Participant: 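Below is a structure containing lincomycin. Please help me interpret it.
Below, read A as the first sequence line, B as the second, and so on, with proteins coming before strands; counting in each chain starts at 1. Partial entry shown, contacts counted within. Both ligands and their constituent atoms are indexed starting at 1 by order of listing. Computed from heavy atoms alone, side chains included, the values below leave out hydrogens, waters and symmetry copies.
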Amino acid sequence: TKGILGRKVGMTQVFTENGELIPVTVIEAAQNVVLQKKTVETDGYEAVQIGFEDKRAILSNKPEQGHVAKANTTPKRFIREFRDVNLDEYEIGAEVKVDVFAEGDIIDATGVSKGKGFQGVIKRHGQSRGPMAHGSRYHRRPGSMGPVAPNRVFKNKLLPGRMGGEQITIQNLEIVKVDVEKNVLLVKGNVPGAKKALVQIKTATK
Amino acid sequence: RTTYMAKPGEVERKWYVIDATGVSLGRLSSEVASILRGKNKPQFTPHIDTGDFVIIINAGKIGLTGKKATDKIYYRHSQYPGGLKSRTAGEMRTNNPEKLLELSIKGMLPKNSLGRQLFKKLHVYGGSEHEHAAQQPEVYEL
Amino acid sequence: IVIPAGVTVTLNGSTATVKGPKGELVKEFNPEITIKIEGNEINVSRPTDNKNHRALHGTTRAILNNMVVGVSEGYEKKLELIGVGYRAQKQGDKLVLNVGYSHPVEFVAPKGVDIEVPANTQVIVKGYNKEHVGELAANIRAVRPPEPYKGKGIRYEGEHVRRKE
Amino acid sequence: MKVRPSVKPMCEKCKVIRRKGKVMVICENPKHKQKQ
RNA sequence: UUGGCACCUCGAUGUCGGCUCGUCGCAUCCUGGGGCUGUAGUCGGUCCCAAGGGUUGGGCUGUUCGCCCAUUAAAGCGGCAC
RNA sequence: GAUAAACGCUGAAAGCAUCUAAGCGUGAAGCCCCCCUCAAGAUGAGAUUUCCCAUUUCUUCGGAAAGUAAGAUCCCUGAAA
Ligand SMILES: CCC[C@@H]1C[C@@H](C(=O)N[C@@H]([C@H]2O[C@H](SC)[C@H](O)[C@@H](O)[C@H]2O)[C@@H](C)O)N(C)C1
Ligand SMILES: [Mg+2]
Ligand SMILES: [Mg+2]
Ligand SMILES: [Mg+2]
Ligand SMILES: [Mg+2]
Ligand SMILES: [Mg+2]
Ligand SMILES: [Mg+2]
Ligand SMILES: [Mg+2]
Ligand SMILES: [Mg+2]
Ligand SMILES: [Mg+2]
Ligand SMILES: [Mg+2]
Ligand SMILES: [Mg+2]
Ligand SMILES: [Mg+2]
Ligand SMILES: [Zn+2]
């Protein structure tokens, strides 16, 4: 199981050798370093901690500087753990390049979905509108809060509230191209998040 | 008038270690509840906590008579519609015995703020080893 | 119960070990039921007379008898494939049956059981542990149990299959 | 299988037994299988 | 369900159908497992286990219901102030 | 992985028989996992890595207050929020 951290650059399309045209997400994954290895003896579980993008000194504090000094590297914007990896691979301070993947590798992409702010039940939960005419005064409303008997509302009556900005995993995206000199992965289809969003690419759990 | 009342930290609370191997789940629990509550001390004061600390070891070997291992069901409700989960006493004695004994003893403690303090004095271990050697626990017989 | 030549029946507390020529067995019996060892003969001791003990008695006898006869001459359950294109093959340690399915069905015998196949139309299951022979033989029969209309499928060699139109 | 509160021998071959605290009759004739 | 009674509510407990939102039971409509069959096969019948998910769009009528058209794996039956 | 109905193996009680009493196996879209998300206010408040260090004057006493460290905020430019 291999893993890397990249930024979503954007979407485009590529023609396959076949001739088919496929949509791709461009993930730029430069400056991934191995910062720490967690073992069962020390931490209670196997994981490798990867630091992604380089960050100006004045944006880092002394606690951060002390943690990346152990891996002889500069402060890092994003630090994430990968579990289910082989710790025998990964030396502390080693770069992690996008060539840990190959064209045809099936990956899971994890990121935070775009923020839509306060949203109603129609957009947030795909509920149906009431009629728009025939005397209706019920358009974009949540529906009955429930029956009478329990003198209260059950605990998953879906209602308006803040919509996106959740963690999302898309499973089984094909890697379409790996460009090491550009530190670029091309992934078939889309991954969560706005442009410039952290994307965690790891080998498909399935 | 003149009846004695224990003050907090007046009565010496002792540490006891009790082997659960073979004893009916209740029977163990009912005796332990009395020790936690302090019902075995003449200084017993209903509002204070004069009881002792209890370590139970070998909770995995606790006794369940009849078909209780398969037929005694422990229920939890999440408070979500249809959120009732169930476990057999048997499965719980195999995988989470610390939980089994805590459920059994919690039910036999007073249902109040002091009852919740008494529960904090109970330490259950599936096996034979605890990490409370510093507290110099004394073996207790039922 | 009579012990034959080569058989060494020992007793370690409640559990009996019976090592013979064909193989070796270890079966744990109920404590209170006590079993007496002698140079040639074995007798079982029923202490009290309660439904529990009356039963266990006959079982501890039966199983010990089975164990002992198990390591002496042994146990052979024999199966008989019926139906056009039903054939058994023996390739290594895998009994490969072709019994009318789109896939072939394969069986690896456990530790002590052996599946020799004289003819393609019949199978035989040798072993010392009688229940282990019983189970494997049943598991093989389970693949295509005899059907009532043309009697096709895997039967035991003595089995009496009910027949319909 | 016949599942019914009244379980009883339907022919001379029918045997009444108990499995797992359930009365049943087993028989050579499969029509006579009954569980209570 | 059709009822019986008149115990809460007449200083008001809004009453049918639909819409929105469901949630629960299982006496299961589909899908899963299985026994018997007057089970050759393909289809079925009947019973047992099973409530995870699923369980259509129209014509007529205020309707519920029902009939019909066309589908569907299936077009379940009930409770929650019908 | 463990089970339901069910099917068995071995097997007495009950010289037979019997899936069951002791003992083994098979066996469901269901149960528990596996998959996705939240989650230590899990007051039972967990763990790992890293950073700062032992200041001053009072307080009989316990403790208090008042400059700071690492770090954070106010304020300001904003949006991917
Ligand atoms: C078969 C009906 C049985 C009776 C119904 C109910 C009643 O009187 N409802 C009032 C209601 O009028 C308005 S709704 C328009 C009010 O807002 C509402 O609160 C309420 O008073 C009116 C409809 O008659 N009674 C308690 C029992
Ligand atoms: Mg937004
Ligand atoms: Mg609509
Ligand atoms: Mg309007
Ligand atoms: Mg209430
Ligand atoms: Mg009257
Ligand atoms: Mg009023
Ligand atoms: Mg049912
Ligand atoms: Mg109309
Ligand atoms: Mg109504
Ligand atoms: Mg038998
Ligand atoms: Mg299994
Ligand atoms: Mg499915
Ligand atoms: Zn009969």
Participant: Quick one: which ligands or chains are lincomycin?
Facilitator: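 It maps to ligand 1.
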Participant: Determine the main partner chain of lincomycin (ligand 1) by heavy-atom contacts under 4.5 Å and name it as in the PDB entry.
Facilitator: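 Most heavy-atom pairs under 4.5 Å are with 23S ribosomal RNA.
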Participant: Which other chains are in heavy-atom contact (under 4.0 Å) with lincomycin (ligand 1)?
Facilitator: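 Other chains with a heavy atom that close: E.
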Participant: Which organism is cited as the source of RNA chain E in this PDB entry?
Facilitator: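 The organism in the entry is Listeria monocytogenes EGD-e.
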Participant: Hey, which residues are hanging around lincomycin (ligand 1) within 4.0 Å, heavy atoms only?
Facilitator: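 The heavy-atom site around lincomycin (ligand 1) is E:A12, E:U13, E:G14, E:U15.
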